[PDB]
A.B. asks: 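We have in hand a structure of Heat shock 70 kDa protein 1A carrying 8-chloroadenosine.
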Amino acid sequence: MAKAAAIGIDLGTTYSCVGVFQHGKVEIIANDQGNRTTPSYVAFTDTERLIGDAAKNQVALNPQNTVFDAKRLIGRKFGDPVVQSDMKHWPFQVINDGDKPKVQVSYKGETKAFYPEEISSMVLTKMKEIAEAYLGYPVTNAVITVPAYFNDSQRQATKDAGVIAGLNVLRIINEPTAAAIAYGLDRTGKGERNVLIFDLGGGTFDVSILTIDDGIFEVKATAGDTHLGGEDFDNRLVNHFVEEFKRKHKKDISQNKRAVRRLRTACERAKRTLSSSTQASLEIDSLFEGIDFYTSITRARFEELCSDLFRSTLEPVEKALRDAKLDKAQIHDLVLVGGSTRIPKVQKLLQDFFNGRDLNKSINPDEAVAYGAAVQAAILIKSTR
Ligand SMILES: Nc1ncnc2c1nc(Cl)n2[C@@H]1O[C@H](CO)[C@@H](O)[C@H]1O
C-alpha cells in the first residue's frame, strides 16, 4: 500500500513540485490552491508558520520573517564567498553558528534560528502532505533532486532535510538526469547519447550536458548563471512601466514600495500571457495617488526589453559544449526545463543556435524534473519490494 508507494520531489530554489507514478502514468500533484508548483517559501508570523503560496502572498507585509532561497545556503559554510555575497540581498537575517549559517526570524513573538536544512525540511513536509492529501494515505519513500553541480556536503544536507521532513530518501538524483528520465532518453537501447538540458527557472540558469551510455548517466559539463532567471525579466518590465507612468503622469512611483510590488506581480502575470498571446494588458486600479494604470505591451516590446538577457543564455551553452569537448552536431537531444523556457524568443534563440533543431518541451518545463524523479522513485521502490 504505502510501503510500495514512492514520490518524486523537485526541491527548487524558488518553486517545488511533487509527482507520483501510478497506473502507468505520472501525476503532478496540485496543492490545496490547485497549483501544480508550490513556492519554496516559509513565513513565520505572530500566530503561525506558513509554507508555499500563503507564505509568498504575505512576503510584502512580513519581509524580515519570510524565508526563501534556502537552497543557496544548504550545505555551505558561513564564510563561503557565495553566502557572504547573497546575504547582502536578503531581507531576513543570516547568522553564524560555528561556521554554519542559520536564518534568524521572529516567530510567535520569539527569536528563533533555523539551519537551511530545517527550512528546506518545512518545504519538503508541505510537498509530502500535498501527496498524502492526493493519495489518501501517507507516503514516505521519496526521490529528491539537486543541481548536477551540488557537492557531497550539499547532497548530504538535502538528504538530512528529507529525514527531518519524515521522508525515507531512496536517492538524491541530479535535476538534468531526472529531466532526461522524464523524456525516456535512457531507454533508447545501446550507444552513447549526448543530451543538453537547458534549465531557465525563476532565479537561476543552468546548462547541463549528459552522456547516456546503456542506461548509465555521466555529467560531461555544467555551466550557467546562478543569478539569472524569470525574475530579471519581470524587473525589466517593471522598469519600462515605471518610465511609462512617468511619461503619462509626470510622477515617479519607484519609491512607493506598494506600487512597485503591485506593478511587479502584474508584470509577472503579463509576462506569462506573452508566452501564448502577442499582447498582454495590465489593469491596476489606483496604482499610485488614485491613478489607475490600464495599459498593454506587445511581445515585440517585451523581447526588446529582455533582448541582452535572452542572448546571454547562449554563452553558457557554448561554454558547456567546449568543456564537454562536443560540437553542436554531436548533441542528440535538447531538453527544456524551467517555466521561463516557455518564452517563444528563448526557444527561437536556442533552436537557431542548434541550427533549427527540434526541442523536447512537451512536458510542462516547470514539472519535468518532478516527473522524472517520480519515474525513478517508482523503479527504485519496485526493486526494494
Ligand atoms: N508561461 C510562462 N511564460 C514565461 N515565464 C513563465 C511561464 N510560466 C512560468 Cl512558471 N514562468 C516563469 O518561470 C519561473 C518559474 O519556473 C517564474 O519566473 C515564472 O514567472
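Numbers here are sequence positions counted from 1. Order of appearance sets the numbers: ligands from 1, and atoms from 1 within every ligand. For the numbers below, each heavy atom of this structure counts, side chains included, while hydrogens, waters and symmetry mates do not.
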A.B. asks: Which of the ligands or chains here are copies of 8-chloroadenosine?
C.D. replies: ligand 1
A.B. asks: Which residues flagged by UniProt as binding ATP in chain A come closer than 4.0 Å to 8-chloroadenosine (ligand 1) by heavy-atom distance?
C.D. replies: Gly202, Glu268, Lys271, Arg272, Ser275, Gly339, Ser340, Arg342
A.B. asks: Can you sort out which atoms of 8-chloroadenosine (ligand 1) are near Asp366, meaning under 4.0 Å from one of its heavy atoms?
C.D. replies: 10 (Cl)
A.B. asks: Where is the nearest protein heavy atom to atom 8 (N) of 8-chloroadenosine (ligand 1): which residue, which atom, and how far?
C.D. replies: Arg342 NH1, 3.0 Å
A.B. asks: Give me the residue, atom name and distance of the protein heavy atom closest to atom 3 (N) of 8-chloroadenosine (ligand 1).
C.D. replies: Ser275 OG, 2.6 Å
A.B. asks: Any idea which protein heavy atom is nearest atom 6 (C) of 8-chloroadenosine (ligand 1), and the distance to it?
C.D. replies: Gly339 O, 3.3 Å
A.B. asks: Could you tell me where the covalent bond from 8-chloroadenosine (ligand 1) goes, residue and atom please?
C.D. replies: none
A.B. asks: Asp234 to 8-chloroadenosine (ligand 1): N or O pair under 3.5 Å?
C.D. replies: no
A.B. asks: Would you say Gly229 contacts 8-chloroadenosine (ligand 1), with heavy atoms under 4.0 Å as the rule?
C.D. replies: no
A.B. asks: Name every other-chain residue that has a non-hydrogen atom under 4.0 Å from 8-chloroadenosine (ligand 1).
C.D. replies: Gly202, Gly230, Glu268, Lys271, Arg272, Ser275, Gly339, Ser340, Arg342, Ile343, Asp366
